[PDB]
Every structure is written in structure tokens, then in C-alpha cells.
Amino acid sequence: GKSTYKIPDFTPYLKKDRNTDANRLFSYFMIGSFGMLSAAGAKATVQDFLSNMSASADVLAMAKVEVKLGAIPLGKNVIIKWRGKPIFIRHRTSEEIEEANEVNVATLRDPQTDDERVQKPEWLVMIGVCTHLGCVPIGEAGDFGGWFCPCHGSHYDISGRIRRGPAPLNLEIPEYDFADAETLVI
Amino acid sequence: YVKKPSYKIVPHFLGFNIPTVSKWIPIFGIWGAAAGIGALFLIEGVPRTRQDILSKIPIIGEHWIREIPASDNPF
Amino acid sequence: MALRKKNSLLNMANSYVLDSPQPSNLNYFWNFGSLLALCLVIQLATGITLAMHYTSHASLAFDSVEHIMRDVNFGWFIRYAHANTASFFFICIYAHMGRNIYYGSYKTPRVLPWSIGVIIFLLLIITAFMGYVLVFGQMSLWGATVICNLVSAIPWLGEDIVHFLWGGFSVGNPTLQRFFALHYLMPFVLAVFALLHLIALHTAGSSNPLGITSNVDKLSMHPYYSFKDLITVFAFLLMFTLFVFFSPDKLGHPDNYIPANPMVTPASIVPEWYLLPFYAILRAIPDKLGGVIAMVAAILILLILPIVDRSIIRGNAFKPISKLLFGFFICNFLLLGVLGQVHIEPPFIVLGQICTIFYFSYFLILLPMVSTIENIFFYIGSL
Amino acid sequence: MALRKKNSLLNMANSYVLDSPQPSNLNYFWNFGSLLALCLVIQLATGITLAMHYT
Amino acid sequence: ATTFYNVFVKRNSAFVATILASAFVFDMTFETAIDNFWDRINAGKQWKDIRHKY
Amino acid sequence: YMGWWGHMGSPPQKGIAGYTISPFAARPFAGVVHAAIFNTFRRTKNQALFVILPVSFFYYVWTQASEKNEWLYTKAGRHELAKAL
Amino acid sequence: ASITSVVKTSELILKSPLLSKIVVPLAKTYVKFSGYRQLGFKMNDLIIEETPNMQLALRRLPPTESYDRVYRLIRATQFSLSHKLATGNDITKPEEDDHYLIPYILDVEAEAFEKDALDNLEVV
Amino acid sequence: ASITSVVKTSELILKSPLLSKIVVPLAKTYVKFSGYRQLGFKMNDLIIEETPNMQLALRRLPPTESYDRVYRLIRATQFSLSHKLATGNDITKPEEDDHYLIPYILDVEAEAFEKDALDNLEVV
Ligand code: HEM
Ligand code: HEM
Ligand code: HEM
Ligand SMILES: CCCCCC[C@H]1C(=O)O[C@H](C)[C@H](NC(=O)c2cccc(NC=O)c2O)C(=O)O[C@@H](C)[C@@H]1OC(=O)CC(C)C
Ligand SMILES: CCCCCC[C@H]1C(=O)O[C@H](C)[C@H](NC(=O)c2cccc(NC=O)c2O)C(=O)O[C@@H](C)[C@@H]1OC(=O)CC(C)C
Ligand SMILES: CCCCCCCCCCCCO[C@@H]1O[C@H](CO)[C@@H](O[C@H]2O[C@H](CO)[C@@H](O)[C@H](O)[C@H]2O)[C@H](O)[C@H]1O
Ligand SMILES: CCCCCCCCCCCCO[C@@H]1O[C@H](CO)[C@@H](O[C@H]2O[C@H](CO)[C@@H](O)[C@H](O)[C@H]2O)[C@H](O)[C@H]1O
Ligand SMILES: O=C1C(O)=C([C@H]2CC[C@@H](c3ccc(Cl)cc3)CC2)C(=O)c2ccccc21
Ligand code: FES
């Protein structure tokens, strides 16, 4: 009404324990719970929502591609589509296999011998996508006369091992089985 | 009698000095934990994160070892 | 008080395009900013128009672009205008960044518009690329593969991110439809950032070719620079017309008129003329992660010019040694461009590496050293 | 002077979402403006996402 | 109680770390708890409940 | 750092009288012939070395590299190419 | 970089007989080719001024020197936009290229760097 | 609409015996139900002030009246946000609901309307 030093009555609102740590802590428990549910909610929202961009159910459909081998002459490479990625199938000659078995495994970005790669020396089966950034190497070209990725100039071997250029790994080998000796499934 | 005040200038850079920064080292630690916890929490859904990180944790790790029975899996 | 000043909305326009006080001596290299604005407007107009005719589905995308060329009235114009302006956008943006580097526009107090600009430059690259992919010709599909595999460089999570960005195991329909969505979106984000870097610049005002303060002598943006910017608008449209109407395919790769075949990549892989410098950088480095880092770093390293230029003087008008260094840097960036489109063969492999080292050594070594020495030469030389 | 006031970009954000002086007695009907902003953000997020899938 | 405030709440770094770690725990336990609850209220209805016949 | 009309932030100016004439009163192309020839020659001459030096050097470098590359993929360049790979 | 840095380094060079013998002629040629004198500038007119420190130094200039600086910048801006060079009396002669500003900025920066140093003092 | 309009029209009504007999009682109940007095406002506190004319009128208020107006608006804003009504002495009693502002705005507008009229005078 008049004196400004008589603070208005605040007793209906004032907490007696206002200066305790228990008092602050309770309010922060509320703010923290709200932060915790916001964080759980955010994570759930972002996770579920962004998953729309992951491969849809219709895309996730597996191939099991079967290919003949009678067709394929010596000294040739085929390209079989499998899961949209190309599969290089080369019918390697005896002297090609020999050439592959030569390179000391020691000096190979990705050290592997042909024996590890093929399950049958006459059937180099690889996922024909370059391990650098993902082009498909042009076969028979190169400098190690296997495959050469034209995109950034990485050279693969007759084992499809990387020899020169940015590609870090050797051309991946799919899971393939010879059901017959004349047909493989991938 | 004292002829001159006795002091050195501590090395400093962009107005940070080692005394001050050393007091904040713990706090970066906690914020790094918060970033670690938070980042790992964000990618908990990523299958690789379960496979390689979360399923390896003792006791708790079994939360992330779930196999869909092959009877109910079209893929 | 004038309505243009009174009314809050008009006052914002006024402050940008009419009363904006500009230095009185900006030369023609200050015109790229408005050309980039014009490119951005052309791209939005032609782009939204192509979006009315283009089908994002991979089974139809390439054919919808042929339908645009062949059946839509003036479709040829709209398509070539969109494609060619994307090239002009990059000429203008390299010109604009060139201007900024030469005249020290990146120095205080303009580090913020510069740094926002570096992000606009990255967004333009991603926009233009995402737009390249929508044709779904041979180069389009392969470009998609490579850009979406740059995240494979990122260890562990990398491979999974790649699959997530493709929405598949390979670039296919899913990828093309999400590139369409984002290519439509990215330009509006880019226009926001373009606006923001102007708002950041509005605190300091434009730099000028002398690098001195212009606070002593300002000119209203209109009529002086409005009419000055028309000269380049018409000069730009003359060059635009020569490409769009007379040689619409000069700046294009033939291979993009082959529909995407995921089984072959063309033996002659050469990206857009404007990505060539960074592509040569990527080829130079023989490591996966290395190559990617270097290529991104070639853009991000522009962010450090504010630090590594130690000059007490803004820009190169008055620095003979810096101008020579800048000349060699620019020519090296053009050499990288050239090496981006030769075959990956001797001797250009080693040459590309030397040019890559020179590119980075400009920011890390030469600019800091030359700028230090010229400071001293100004002081000693004028005593 | 506070960064939020000094820096031109932050200062525009500041003027809208932080220091913006509002009347002290706005009731719940003043909340629709921000809900419309939230709807607009949801629509952009879900919309751009549907555009990634829609033909 | 002061101690609990001092450890987990006083430093914002610590408080945010605590909130995110709590969100982690909540997220994992809530998922599991609702899964079990959802299976109990829809018992015998869901594929997992009739799957055993096949 | 820059203000606006009225408070642009110029250090105080005194003693500069500026004079100009109306655009309608001036010939916009007065002395255009002189400028186009003599002034542009002056400005070009003064900047010539800053363009010529890097262009000529990188054109030389490109020329040498492109000539070597061409030569390596001839019959004569067989041996030098075999060493390079 | 700070003007202090530039000035101290220049003084190191001018001290060393060998260094000065090879650097002073280089720097004089550099300045001739720089060609700022052909727009009637003094070297110091070209120092970046959009900085707290420099704004403070420029406020410390005597009114005379300050007015003349404004004039030289206006005049140079006019030469620049006309694509002309100074002629006659407008060209800065080597004897007129005085470091009018260097003393002021060195004082400003001396204090600023002392302030930074003393903000980091440790009682022993 | 202008306050002048409202005031002149009100005076036409109060003049006419019939009109006042039927309108004054209506207007008094309208004001009771309006309920601005329950937030401690005088009628005049509710007049829109974001116009040139009203700003001028408010600047013309005597300091006392002006300070009291600020207080009533602050207090009413506080009632509003608390969703409480005035009680006791805060409720505006009919005798306190004085048109403190009407004389000032009528003078402002009188001049503004004379100005408009005289801007359109024709020498005969
Ligand atoms: C969409 C692309 C862009 C547009 C439309 C744009 C537009 C403009 C405009 C209109 C100006 C003011 C006038 C001018 O100086 O030309 C300007 C200035 C500037 N821009 Fe850009 N810009 C763009 C991209 C960039 C990029 C990529 C950078 C930096 C990497 C950049 C950095 C700057 C800087 C530093 C300035 C201040 C330069 C100065 O006036 O001294 N801009 N821009
Ligand atoms: C910076 C703005 C833009 C740039 C740099 C840009 C760049 C490009 C490029 C390089 C292409 C490849 C063109 C070709 O070779 O055919 C393209 C295609 C396309 N752009 Fe854009 N674009 C931009 C803005 C937009 C916008 C706003 C839209 C709105 C949808 C759009 C829609 C399209 C469409 C539909 C295509 C594919 C049809 C075609 O190839 O012509 N673009 N864009
Ligand atoms: C104000 C913002 C928006 C409003 C009010 C709005 C409204 C709607 C509505 C009513 C539909 C019909 C939905 C249905 O019944 O299925 C729809 C569909 C669609 N909207 Fe939006 N939308 C908005 C923003 C956007 C934006 C930014 C995009 C970006 C592309 C977008 C993309 C779509 C797409 C692709 C569809 C068709 C797919 C569908 O029906 O779900 N929308 N929108
Ligand atoms: C209509 C009001 C909306 C405000 C934004 C619109 C545009 C705007 O501000 O235009 C101005 C004309 C501006 N030029 C300059 O600053 C300028 C300054 C100095 C010298 C010259 N030239 C020299 O000889 C200039 O050209 C310009 O071209 O910048 C665009 C990019 C702006 O677009 C945006 O940021 C929004 C979006 C369209 C990118
Ligand atoms: C981030 C920098 C850009 C600035 C714009 C961002 C948004 C912005 O200004 O936020 C504010 C929070 C604003 N609300 C208010 O003014 C506000 C004022 C009084 C009371 C309440 N509520 C009462 O209880 C309010 O909520 C709001 O919701 O407006 C959005 C629409 C704005 O977005 C845009 O316009 C851009 C686009 C997303 C629509
Ligand atoms: C910056 C943010 C960090 C990156 C964000 C990560 C985006 C993608 C991460 C996870 C998305 C896919 O990850 C996957 O998410 C879906 C939900 O969406 C979960 O799926 C689980 O919950 C959903 C409902 O919630 C059920 O339909 C499903 O049967 C069940 O397995 C998977 O258990 C998880 O492995
Ligand atoms: C979501 C995309 C939107 C991006 C645009 C981002 C910002 C949103 C609006 C900015 C455009 C107008 O914002 C502009 O900023 C200035 C300076 O802060 C504001 O100015 C406001 O705050 C300043 C200081 O805080 C006061 O002196 C002034 O009285 C007040 O009007 C104005 O509101 C407006 O003229
Ligand atoms: O191998 C490549 C390749 O490397 C790029 C490159 C070059 C520019 C790169 C880039 C430059 C700068 C930034 Cl900030 C980001 C990416 C993007 C990838 C392509 O655009 C390309 C297009 C078509 C087929 C193959 C390719
Ligand atoms: S893409 Fe295979 S070499 Fe880089």
C-alpha cells in the first residue's frame, strides 16, 4: 500500500526448505526426467523415422543366381548380375593361374593367394565392383592384365587382387557353390 | 624490503593458459562421455553397433542378441 | 520518413537492394555475386519446370528426360538451360571465390560471410551432383555410386551408411528417387545460405578492390550497381545463349545419353568440368580414405585462409609477390582441372600428385610465408 | 556485449526466439503460432521423406 | 543428497551425461517392458503364439 | 564496422569539396577512344606478367607432359612405358 | 598478423648489416612495383583498419593527419573507379611516404599485448 | 473509428430524451457485463493507443494520470496472466471510472481533422 520495504506477503507460495540441496535437486529431477524422456523420444523418433531410407522390404529380396559354365570359353570373363552388382566369372587358362600364383603375397595391399580366393582354380568368381569407390573394372585391361577400374585407375590381377591404385581391398568373392561341375549358384 | 613484485607471465595462447585449461580438463572428459553415451545411443539401432559393440557388453549384452526364427523370416 | 524506410518489410528489401551503401569503386569482379543470384533464379525456374515433367522412377527417369527434350513444348530449352546454367553457376562461383581470395575478402571483418560461403560451395557441389544423377544416364549412375561410396571411407559404420544412402545394395530406383527429393530441396537450402552469407556481410559491407575502408565514400546499391549488374546479366545471357541455343552439348558428356547400365562403367570416366579439379585430387592420392579426405579438404581448407594469410594489408592489388603466387595457384587449380580429364597414365599420375601438393602448399606454406615477407617488405620498403 | 547481440546472424535469431519481448499475459491461444510452426516442420520432414519414395 | 546434486547435477556436462545415460537405460528397459506387456494383453493372438503349430 | 547513411563511420571529413555534373550534362562516352586504346594498354601492360608467367609455365608443363604421354603410347615409347609401369 | 610483429621483425633486419644489405634494396623495389604510391597512398593507408585495435589507433590520429588520410582514401577510391593513376602532385613521392600511423598502432598494440600478458601473470 | 465520432454520437443520444431514456440503462448494463472494471481498468484504458493520434494524446497526459495509467495496465496485465480478477480496492468503482483521456484525444483529433479540412479549402 505504501512502504516498499514491507515485501508483500509471499507465505502462501514460499517453500520453507528453499535453500536445501534437496529442494534444487527435486526441480532438476523434473527437468532431467523431461530431458530423459525427450532424449528417449528423440532417439526413437529419429531411429524409426530415418529407417525409411534403409532398404525397403521389396528391395531386400535375395537372388540365389544360378549360372552355367559350359557356355564360357577359355580366357574369357562373363558378367552375371546378382543383387544388381555384377559378378565377374572368368574361365582362367592354365598359364593365367600360374601368373597369379607368382606374386609374393608379402607385397600386396590385401595379402591373399589365389587358393584363398577361388574354390576351383578354373573359375575366378568375384563381385566385380571395384573396392575403391565402386565402379566395375574393365576386364582384360590393366597393367597386371586382369581388370582395371577406369574410375580412379586401380589395377586388379588375374586373381582379382589389387596391385596398383587407390582400391584398398581385392575384389570381393561372393558365397558361391558348385552344385554341378557345370553350374554354380551365387 | 621488497624492491620489485615477484611474478612471471605464464605461457598463454588466445587467452587460454594452462592453469585455466587444466581446470576444464575434467569437464571435457564428462562432455566426451556425454557425446560418447549420446552418440552410441543414437546408433544403438544400427545393426553393426549391436553386433560389434552392444552385444559384447557383459550381462546387459544379451539384450541385443536377438535372432528372428528362420520360420518367420522371408529374407 | 520514406515508406521504403518506414515499413519493416520494405525496409529489409531497401537495405539490400536499394539503399545498401556500397564502396564506390567495385570493379566487374564484384558482379559475380549477382550473376550467381541470376543463375540461382534461372535454376529454380527451369528446375521447378523440369520437375513438372520429370519422373523420378528409375524405369522412367531417363525416358522422361527424353520426353522433355522431344515432346514438351520448349522442353529442349528448359532442359539445356538448366544443364548449362549449372555450368555457368560454377564458372561464376569459382570466379566469385577467386575474386574473394584475390582481394582478401576472406579477412576480418568478413570471415563469417567467407565461411558461410565455403558451405554454399559445398552445397552447390552436392546440389549440382545430385542433379547430375537424376538423368540416370551412364555417367549419372556411376557418379552416384562413387559419391555414395565416399562415406565408405568413414571406417566401421561406413559400408552400412553407403547402403543406407542407396536404400539398396546398389544404386537403383530408391537412390534415384531420393536424389530427386534432395536435388529439389538442396537449392532452397542453398538460397538460404546464400542469403545468410549476405546478411553476415552486411555488418562489414562489401570489400573493395583497394582493400581500404570504403566508409569514406559510399554509393547506393541502386542505381549504380543495379545498372552495373545489368551489363553482366546481358553478357552472361549472351554466353548462355551461345551455349544453350548453338552448342547445348559442348559442356556435356556423351555418355550421359546412354541409359544407366549397372553392369558396365564407360572406359572414359570424366566427371563434370567443375568437379574435375577435386577429381584429379582424388585420383592423385592412392589411399581410399586419403583420397576422399584430400578431396574434401581441398574445399574445407579454404576455411583456414583467414588464419594463414598473415598480411597486414587486405588483398592483392598492392602485393606483387602475392599476386604472382595467386596466379600460380589459380593456374595450378586449372592444371588439376585438366589432369582430371586425361587418362590415368604416365606421366600424368606423378604430375597430378605434384599439382595436388602445390594446391595444399599454397594454403599451408606459401601463403603464410609470402604474406609474412611482404609485410616486412612494405615496412622496410617505405621507411 | 553478449555474443547473441553482437553477431549479426545470432542477433536475428535472438530477436525472434530469445530476447523477443512478448506481452506477459498471452494465454494458450497464443500457442497456435508455434504449433503451426511445428506442423510446418513435421510436414517438411515427412513430406520430403515421402518425396523420396513417391513417384 | 547434496552429494547426489554435486555429482550428477551441478556440472551441466554431468547432468547431460546422466540424462543421456538414463535415456539409454529407459529406452532399453521401456522397449523390453512394453514388449512383454503387449504379449500379455494380446496373448494367443499374435503370430509368435500360433507359430508353434507350424 | 560500417554504419548507414548519416553515420557511415568515416573518420570526420573536412575540407574535401566534391563536384560533379549531371549525367545529362556529361558526355558518357567522352574520351572513350583514348581510354579504350591508351588506358586499356596501360592497365594491360601493368598486369601482363602476373598472367603470362603462370600461364606460360603451366602451359609448358602441360605441353611437356602431354607430349611425353603421347610418345609413351607409340611403338618407339614401348620400352619407356614398360619401365613406367 | 600484428603491426608489432612486422615492426619488430623489420628492426631485426635493419640491425643485421648483411640482412639490411640484401633486404633493404629488395624491399624498396617491392614497394616501387607495389604501386600504391601511384594511387597517392601512403603505405600506412593500406593497413587493415577493421579491427578494434586499429579503430582505436585511427581515433588517436591528430585531426590534421586524420583529415588528410580521409582525403587520400577518397581520392584513391576515385582513381580506382576511374581506372586512372595519380599524376603530378597526387603521386606519393618517397619522401612523403611517412609512417604516420605506425606510432599510434604500436602504442595501441603495446598496451593490448601487455594487457594479455598481465592477465596471465603468476604471483611467485 | 475515431473517438470524436463516438463522442459526438454519444452526445446526440444524451440530448434526445427518448433516446437517453432507453440507451443510458442499456449502456450501463453493457458496461457492467463488459467487466473491464473487474480488472481495475477505467474505460479509457482500453482505447487502442497504437496510432499517431493516440500516442500524442497519451504524451499530453499529466504525469500523475500517466503514472497511474501505467500502474493500472501493469496490474491488469498481472490479473490477466494469473486468471484472477481484481478484489476490493482494485475493482474500479463507477465513480472512479473517469474519462481522463477523452479530453486529450478529442483535442488531438480536433486539430487533426481541422488540418485535413483546411488542407482541402477552396478560396472562393
Ligand atoms: C549461391 C552462391 C552465391 C551467391 C548467390 C553469392 C552472392 C553474393 C553477393 C551478391 C555478394 C555481394 C556482392 C559481391 O561481392 O559480389 C557476395 C559477397 C560475398 N560472397 Fe558470395 N555468393 C555466393 C557464393 C559464395 C561463395 C561460395 C563464397 C565463398 C566461398 C562467397 C563469399 C562471399 C564473400 C566473402 C563475399 C564478400 C565479398 C566482398 O564483397 O568483398 N559467396 N556474394
Ligand atoms: C543450384 C540449383 C541447381 C543446380 C546447380 C542444378 C543442377 C542440375 C544439374 C547439373 C542437372 C543435370 C542436368 C542434366 O545434365 O540434364 C540437373 C537436373 C535436374 N534438376 Fe537441377 N539444379 C538446380 C536446381 C534445381 C531445382 C530447384 C530443381 C527443382 C526441382 C531442379 C530440378 C532438376 C531436375 C528435375 C533435373 C533432372 C532433369 C534434367 O536432367 O534436366 N534443379 N540439375
Ligand atoms: C504445408 C505443408 C504441407 C501440407 C499442408 C501438405 C499436405 C499434404 C496432404 C494433405 C497430402 C495428402 C496426403 C494423403 O492423404 O496421403 C500430402 C501428400 C504429399 N505431400 Fe504433402 N504437404 C505439405 C508439405 C509437403 C512437402 C514439403 C513435401 C515435400 C515434398 C510434401 C510431399 C508430399 C507427398 C510426396 C505427398 C504424396 C504422398 C502421400 O499422399 O502421402 N508435402 N501432403
Ligand atoms: C528483393 C529483396 C530480397 C533480398 C535478397 C535478394 C538478393 C539481394 O540482396 O540482391 C542484391 C542485388 C545482391 N547484390 C549485392 O548485394 C551487390 C552488392 C554489391 C555490389 C553488387 N554488384 C556489383 O556490381 C551487388 O550485386 C544480390 O544479388 O544478392 C542476391 C544473391 C540476393 O538473394 C539472396 O540472397 C536470396 C537468394 C535469392 C539467394
Ligand atoms: C531460428 C531463426 C529463424 C526465426 C524464425 C523461427 C520461428 C520463430 O520465430 O519462433 C518463435 C518461437 C515463434 N513464436 C513466437 O513468436 C511466439 C510469440 C509469442 C507467444 C508465443 N507463444 C505463446 O505461448 C510464441 O510462440 C514461432 O513459433 O514462430 C515460428 C513460426 C518461426 O518459424 C518461422 O517463421 C519459419 C517457418 C518454420 C514458419
Ligand atoms: C545422427 C543420428 C545417428 C544415425 C541414426 C540411425 C538411423 C538408422 C538406425 C536404426 C534404423 C534401423 O534400425 C532398426 O530400427 C528399427 C525401428 O526403426 C528396429 O525395429 C524394431 O522396432 C520396430 C518398431 O520400433 C519393429 O517394427 C521391428 O520389428 C523391430 O525389430 C530395429 O530393431 C533396428 O535395428
Ligand atoms: C527459418 C528461416 C528464416 C531465416 C531468417 C532468420 C531470422 C528471422 C528474421 C530475420 C529477418 C528480420 O530480422 C531483423 O533482425 C533485426 C536485428 O536482429 C531485428 O531487430 C530487432 O532486434 C534489434 C536488436 O535485437 C532491435 O534493435 C530492433 O528494435 C528489433 O526490431 C528485426 O526483427 C529485423 O529487422
Ligand atoms: O569418380 C568419380 C568422381 O570422383 C567424382 C568426384 C569429383 C568431385 C567430388 C567432390 C568435390 C568436392 C566436394 Cl566438397 C565433394 C565431392 C565428388 C566426386 C564424380 O563426380 C564422378 C562422376 C561420374 C563418374 C565417376 C566420378
Ligand atoms: S572406383 Fe575403382 S578405382 Fe576408384
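First the proteins, then the strands, lettered A, B, ... as listed; each starts at 1. Side-chain atoms are counted along with the backbone in the values below, which use heavy atoms only and exclude waters and symmetry mates. The structure has been trimmed to a portion of the entry, and contacts are counted only among what remains. Counting starts at 1 for both ligands and their atoms, in listed order. If you're wondering, the header gives electron microscopy, 3.3 Å.
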Open item on the list: I'd love to know the name of the drug at ligand 8.
Closed with: atovaquone
TODO: Report, by its name in UniProt, the chain making the most contacts with atovaquone (ligand 8).
DONE: Cytochrome b
TODO: Write down the other chains contacting atovaquone (ligand 8), where contact means heavy atoms under 4.0 Å apart.
DONE: A, C
Open item on the list: Quick sanity check - which UniProt ubiquinone-binding residues of chain C lie within 4.0 Å of atovaquone (ligand 8) on heavy atoms?
Closed with: none
Open item on the list: I'm curious which transmembrane segments of chain C get a heavy atom under 4.0 Å from atovaquone (ligand 8); can you number them from the N terminus like UniProt does?
Closed with: 3, 6
Task: Entry name for chain A - done: Cytochrome b-c1 complex subunit Rieske, mitochondrial
Task: Residues near atovaquone (ligand 8), heavy-atom distance under 4.0 Å - done: A:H152, C:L122, C:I125, C:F129, C:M139, C:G143, C:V146, C:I147, C:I269, C:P271, C:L275, C:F278, C:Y279, C:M295, C:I299
